[PDB]
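The structure to be discussed contains L-thyroxine.
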There are 4 protein chains.
Amino acid sequence: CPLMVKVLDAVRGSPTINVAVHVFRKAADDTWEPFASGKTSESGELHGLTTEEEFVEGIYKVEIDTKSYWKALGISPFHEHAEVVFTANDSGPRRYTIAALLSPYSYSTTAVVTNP
Amino acid sequence: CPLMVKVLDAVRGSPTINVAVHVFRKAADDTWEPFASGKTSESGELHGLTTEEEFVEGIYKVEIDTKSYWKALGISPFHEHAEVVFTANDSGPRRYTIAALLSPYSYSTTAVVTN
Amino acid sequence: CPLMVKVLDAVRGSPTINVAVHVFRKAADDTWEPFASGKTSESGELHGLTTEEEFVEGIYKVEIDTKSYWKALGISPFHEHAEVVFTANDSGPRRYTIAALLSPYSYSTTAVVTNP
Amino acid sequence: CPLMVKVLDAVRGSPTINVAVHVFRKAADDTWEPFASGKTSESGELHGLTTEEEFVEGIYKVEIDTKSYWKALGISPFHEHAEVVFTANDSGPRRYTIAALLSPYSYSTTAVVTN
Ligand SMILES: N[C@@H](Cc1cc(I)c(Oc2cc(I)c(O)c(I)c2)c(I)c1)C(=O)O
Ligand SMILES: N[C@@H](Cc1cc(I)c(Oc2cc(I)c(O)c(I)c2)c(I)c1)C(=O)O
């Protein structure tokens, strides 16, 4: 589990359940190639996106579909998504947790990076 | 204005208007002595709390009554307030802006400290 | 485990290890009475502060000693501490996770509240 | 000024000065068309990006080059940038301030949307 995503709702104080998460990797030609995707569980976590073999060094993009989340709660939010773009594994393999904290007009994202 | 308070609402994307702010200074006996207070304006800002002459080095607390704000909006909040406690003018006099970003179950606070 | 505290360093992208956490409960006479204390583990978590029996409804204060943390890293931070003050268990027992995200001149705190 | 960008540094407690900001509008083919850009001022603010006449409804991206900022300071950052993507003027024309608070491993962004 080299890559995990954790998402929290700052309005309700609760994990964010069934939120779509897409991950992309920058290709040689500088386009984004689909890398992996999934939905958060009831703990607001998404595990198992990738493997140590698959998760090589590169620039990755994680886009969390915060708009669908807010809309399903009856709220028209400001952002289309929360996005995190980062260089991974450039000094060797690491483990990455991407945490996002969501409000209708604000979000924050944090990375927790550990050495396996 | 040595000390500036700016508050925003992360749910509505708006400044937080008319929220109470109390400033305390730590007294010798280690209790909080009320120092200054007011209400945020329509721009979410509270100016004129203190003066250069009055705002000496020491430890200060800024308490924002976030719970009354969420209560006015009909949204159940987690915190009783947001309080920011800091040592002032350690390296000399500066202009301080205490910014706070509010959500019902979360807040963040940031100090912007300039010349 | 009705009360857990989790603390992250936003400069280093890492859990915050050995940070002191004090919890107080407001007494009938409106003073703060020491309730519990501990230090974060290497996962930046502090478990076992209290029990369901002990953790009755009241107004609680969690103060995290962020100043000592930053100072031990050679940084002179803005805040004396990060504090969270909240009413607990007023609609029945809940489980509370208090997460704090720390930078030298900023912090955020979030509560995740679940129904056991 | 329909669109305002303000950036702060949570490590130093300061506005972030001279960081590059690029604004894009989503084109019909769904690629990002560069729209406006500049550098934040000494107050960390970028004004004058667009005008009322030019800033029509649509989907916009604001990209803040946070990685060059941390690089100038000698601090290893996590993100390549901070990017904020939003639908504009859904309910009509408004004044938008995109605020961002930066740390090496974390950022937050907030929209303040007024009359
Ligand atoms: N894991 C805990 C809850 C929890 C863990 C983390 I790690 C976390 O991380 C952040 C990220 C950002 I971005 C913030 O602004 C803040 I404050 C905390 C948050 I939130 C909540 C549990 O449910 O048991
Ligand atoms: N003057 C304008 C814009 C403004 C917003 C913030 I907000 C701010 O400070 C913060 C603090 C935190 I804490 C954040 O997470 C973020 I994102 C921005 C400052 I200086 C300026 C207004 O507020 O209308």
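Note on naming: letters A, B, ... go to the chains in the order of the sequence lines (proteins, then strands), and numbering restarts at 1 for each one. Ligands are counted one by one from 1 in listed order, and the atoms in each one are counted from 1 as well. Values below: every heavy atom of this structure, side chains too, minus hydrogens, waters and symmetry copies.
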Which chain accounts for the largest share of heavy-atom contacts with L-thyroxine (ligand 2), under its name in the PDB entry?
Transthyretin
If a contact means heavy atoms under 4.0 Å apart, which other chains contact L-thyroxine (ligand 2)?
B, D
Among all protein heavy atoms, pick out the one at the shortest distance from atom 5 (C) of L-thyroxine (ligand 2); state its residue, atom name and that distance to 0.1 Å.
B/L8 CD1, 3.1 Å
Within the structure, is a non-hydrogen atom of D/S108 found at a distance of less than 4.0 Å from L-thyroxine (ligand 2)?
yes
Test your reading of the structure: does B/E45 have an N or O sitting under 3.5 Å from an N or O of L-thyroxine (ligand 2)?
no
Just which atoms of L-thyroxine (ligand 2) are under 4.0 Å from any heavy atom in B/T109?
13 (I)
For L-thyroxine (ligand 2), which atoms, with element, lie under 4.0 Å from some heavy atom of B/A99?
9 (O), 11 (C), 13 (I)
For atom 16 (C) of L-thyroxine (ligand 2), closest protein heavy-atom neighbour:
D/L101 CB, 3.9 Å
